[PDB]
Colleague: 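Okay, handing you the structure first.
All chains are named by letter (A, B, ...) in the order of the sequence lines, taking the proteins before the strands, and each is independently numbered beginning at 1. As the structure lists them, so they are numbered: ligands from 1, and atoms in each ligand from 1.
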Protein chains: 2
Amino acid sequence: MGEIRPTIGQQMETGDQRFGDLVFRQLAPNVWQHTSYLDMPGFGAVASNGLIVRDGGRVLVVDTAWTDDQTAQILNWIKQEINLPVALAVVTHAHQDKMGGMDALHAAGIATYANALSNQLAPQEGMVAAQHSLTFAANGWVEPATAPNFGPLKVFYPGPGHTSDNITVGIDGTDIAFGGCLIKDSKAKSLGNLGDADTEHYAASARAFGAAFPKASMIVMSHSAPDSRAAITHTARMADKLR
Amino acid sequence: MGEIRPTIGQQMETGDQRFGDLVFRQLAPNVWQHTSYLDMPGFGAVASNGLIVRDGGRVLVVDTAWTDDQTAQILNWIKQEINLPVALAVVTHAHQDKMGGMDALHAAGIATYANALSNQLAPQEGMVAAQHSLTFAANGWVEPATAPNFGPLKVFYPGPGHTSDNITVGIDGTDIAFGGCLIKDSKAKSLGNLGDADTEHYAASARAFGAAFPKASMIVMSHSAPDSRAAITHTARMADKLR
Ligand SMILES: CC1(C)S[C@H]([C@H](NC(=O)[C@H](N)c2ccccc2)C(=O)O)N[C@H]1C(=O)O
Ligand SMILES: CC1(C)S[C@H]([C@H](NC(=O)[C@H](N)c2ccccc2)C(=O)O)N[C@H]1C(=O)O
Ligand SMILES: [Cl-]
Ligand SMILES: [Zn+2]
Ligand SMILES: [Zn+2]
Ligand SMILES: [Zn+2]
Ligand SMILES: [Zn+2]
């Protein structure tokens, strides 16, 4: 009873934990997926997924929820279920699904990180910029000095795709990588919103993500349930059709 | 060059005809799918599909476009490219994607038909009601006296599903059946907007549609490309998980 059934996004499944207006799903002993819903009048809810990672003695969050209130709820769930400090949050680009609740993280005193470009785009996108800017080498790997204390979070800029600023994250010592809005599931009919997409480079960016995290057998993404690596292949092949 | 790439909906394929803001795809010698697009700010375009059917010296339309202007463009295209008059339109329920262009039909002097219930709901939905009401037998088939001169349009009310009023249409003399917004594609991760849905009866209504048109191999639907019968059965499996 009382199930959120989104118009866009995966439906609730056995194992999912309802907490307020959000859903949490444990993916590994120290990794959970957060799911928040934006209700659009006349259309219904759009689900958006991120990650919560317990690494040693702290929690690391990948992506905010759509709103400040939802993101405050994520922090309350973390406090309740895990009860370790949230050391940092990383956001995967400057769109509402990934960065809409930044004020809730800052209110909580949590150090926030995004691609420098995401921070530069934030004002234009109506997002609040993160505190800190990540920069990247020519091979796409984050410059370690800009990602202090990230631990198992390996951050990779795969090239422009869904947006110019999109980044991805692998979780060292797990079989999980996070593709955000760049990677769609292996059964997806479309690449979602292409309004900011780099149609020429998307395919290579998708394949670069797969090459960056060869250990990841569980691919987590923003608007589908976790999938196999066929998500990457299928995303790239869809993207091949754009060029 | 200059393709519409919707966020929700089929992509452009070889053979598609771009005409202003619309796309037409021939599905059979005497059947075309019309596609119109609604821009959702921040989300991108949402495709909606209906049908154009040639029956001898006249054309029959299933569903309006999202808007009056788009719907006027469909009528221009029928007039200019098919060169036959529209005898009537049948609209498949009282939402914008299916009925948002009613006034353009009426201004063109075209007789319109909808489920009586659709006409009753239309003003509550800000839609213009069709000029004529269809009624249905206890087994779902349209009452012939309410659908005069429908030629090959075989109208079936499958039961409440996507909405209480949703209707479906088979094309006699073809292997095509139209499920409107009731049926989702064979690989859909969701049933779309369930806000007005009858979650108890959806699965049986989807199966009723399949059973009404048991030989139809091409299943046309509102927001994806024409699919196999697995669209019907997958839709019913997804609906089974609502109950
Ligand atoms: C799910 C989307 C089609 S919408 C989302 C993003 N858009 C937003 O966060 C918008 N603020 C939004 C507006 C209206 C409804 C939903 C989202 C984008 O444009 O990439 N990510 C897209 C995607 O991941 O393909
Ligand atoms: C594509 C949709 C998810 S939206 C559409 C319909 N919604 C409308 O026509 C609304 N007027 C609308 C409002 C905002 C944005 C888009 C559509 C509905 O509620 O069934 N059909 C839905 C569906 O077929 O599942
Ligand atoms: Cl319920
Ligand atoms: Zn985005
Ligand atoms: Zn997204
Ligand atoms: Zn509808
Ligand atoms: Zn629809």
Colleague: I'm curious - which drug did they put at ligand 2?
Modeller: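 At ligand 2, it's ampicillin (open form).
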Colleague: By the naming in UniProt, what macromolecule does ampicillin (open form, ligand 2) touch most in this deposit?
Modeller: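 By the greatest number of contacts, it's Metallo-beta-lactamase type 2.
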Colleague: Enumerate the other chains with heavy atoms less than 4.0 Å from ampicillin (open form, ligand 2).
Modeller: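 Based on heavy atoms, that gives A, B.
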Colleague: Write out the substrate-binding residues UniProt gives for chain B that lie under 4.0 Å from ampicillin (open form, ligand 2) by heavy-atom distance.
Modeller: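 By heavy atom, within 4.0 Å of ampicillin (open form, ligand 2), the UniProt hits are B/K184, B/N193.
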Colleague: Below a 4.0 angstrom heavy-atom separation, can you tell me which part of B/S222, side chain or backbone, both or neither, approaches ampicillin (open form, ligand 2)?
Modeller: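 No part of B/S222 comes within reach of ampicillin (open form, ligand 2).
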Colleague: Nearest protein heavy-atom contact for atom 19 (O) of ampicillin (open form, ligand 2): which residue, which atom, what distance?
Modeller: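 Minimum-distance protein heavy atom for atom 19 (O) of ampicillin (open form, ligand 2) reads B/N193 ND2, 2.9 Å.
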Colleague: Would you mind running through ampicillin (open form, ligand 2) and noting each atom that sits below 4.0 Å from a heavy atom of A/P41?
Modeller: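 Answer, ordered by atom number: 13 (C), 14 (C).
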Colleague: Please state which protein non-hydrogen atom is closest to atom 1 (C) of ampicillin (open form, ligand 2) and give its distance, to 0.1 Å?
Modeller: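 Its nearest protein heavy-atom neighbour is B/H223 NE2, 3.3 Å.
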Colleague: Can you tell me the protein heavy atom closest to atom 4 (S) of ampicillin (open form, ligand 2) and the distance?
Modeller: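 The closest one turns out to be A/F43 CD1, 3.8 Å.
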Colleague: Around ampicillin (open form, ligand 2), list the other ligands or ions under 4.0 Å away.
Modeller: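 Other ligands and ions within range: ligand 6 (zinc ion), ligand 7 (zinc ion).
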Colleague: Does the N or O separation between B/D97 and ampicillin (open form, ligand 2) drop below 3.5 Å for any pair?
Modeller: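 Yes, at least one N or O pair falls under 3.5 Å.
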Colleague: Are any of the N/O atoms in B/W66 less than 3.5 Å from those in ampicillin (open form, ligand 2)?
Modeller: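 No, B/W66 has no N/O under 3.5 Å of an N/O on ampicillin (open form, ligand 2).
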Colleague: Looking at ampicillin (open form, ligand 2), does any of its N/O atoms fall within less than 3.5 Å of an N/O of B/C181?
Modeller: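 B/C181 vs ampicillin (open form, ligand 2): no N/O contact under 3.5 Å.
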Colleague: Applying a 4.0 Å heavy-atom criterion (strictly less than), which segment of A/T7 is in contact with ampicillin (open form, ligand 2): side chain, backbone, both, or neither?
Modeller: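 The part of A/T7 near ampicillin (open form, ligand 2) is the side chain, not the backbone.
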Colleague: Is ampicillin (open form, ligand 2) under 4.0 Å from a heavy atom in the side chain of B/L38, in the backbone, in both, or in neither?
Modeller: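 Within the 4.0 Å criterion, B/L38 contacts ampicillin (open form, ligand 2) through side-chain atoms alone.
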Colleague: Heavy atom to atom 23 (C) of ampicillin (open form, ligand 2), shortest distance: which of B/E125, B/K184, B/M221 holds it?
Modeller: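 The option holding the nearest heavy atom is B/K184.
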Colleague: Please report which non-hydrogen protein atom sits nearest to atom 12 (C) of ampicillin (open form, ligand 2), along with the residue it belongs to and the distance in Å to one decimal place.
Modeller: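 The answer is A/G42 O, 3.2 Å.
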Colleague: Among protein heavy atoms, which sits nearest to atom 11 (N) of ampicillin (open form, ligand 2), and what does the distance come to when rounded to 0.1 Å?
Modeller: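 The answer is B/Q96 OE1, 2.9 Å.
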Colleague: Just to confirm my output: which protein heavy-atom neighbour is closest to atom 18 (C) of ampicillin (open form, ligand 2), and how far is it?
Modeller: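 Result: B/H95 ND1, 3.2 Å.
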Colleague: Can you tell me which residues in chain B that UniProt annotates as binding Zn(2+) end up with a heavy atom closer than 4.0 Å to ampicillin (open form, ligand 2)?
Modeller: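 Going by heavy atoms, UniProt's Zn(2+) binders that qualify: B/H95, B/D97, B/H162, B/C181, B/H223.
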Colleague: What do you reckon, does A/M40 put a non-hydrogen atom under 4.0 Å from ampicillin (open form, ligand 2)?
Modeller: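 False for this residue.
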Colleague: Should you measure from each heavy atom of B/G192, which atoms of ampicillin (open form, ligand 2) turn up under 4.0 Å away?
Modeller: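 Answer for ampicillin (open form, ligand 2): 25 (O).
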Colleague: What residues, by chain and number, sit within 4.0 Å of ampicillin (open form, ligand 2) when only non-hydrogen atoms are counted?
Modeller: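 The heavy-atom cut-off picks out A/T7, A/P41, A/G42, A/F43, B/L38, B/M40, B/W66, B/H95, B/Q96, B/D97, B/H162, B/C181, B/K184, B/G192, B/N193, B/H223.
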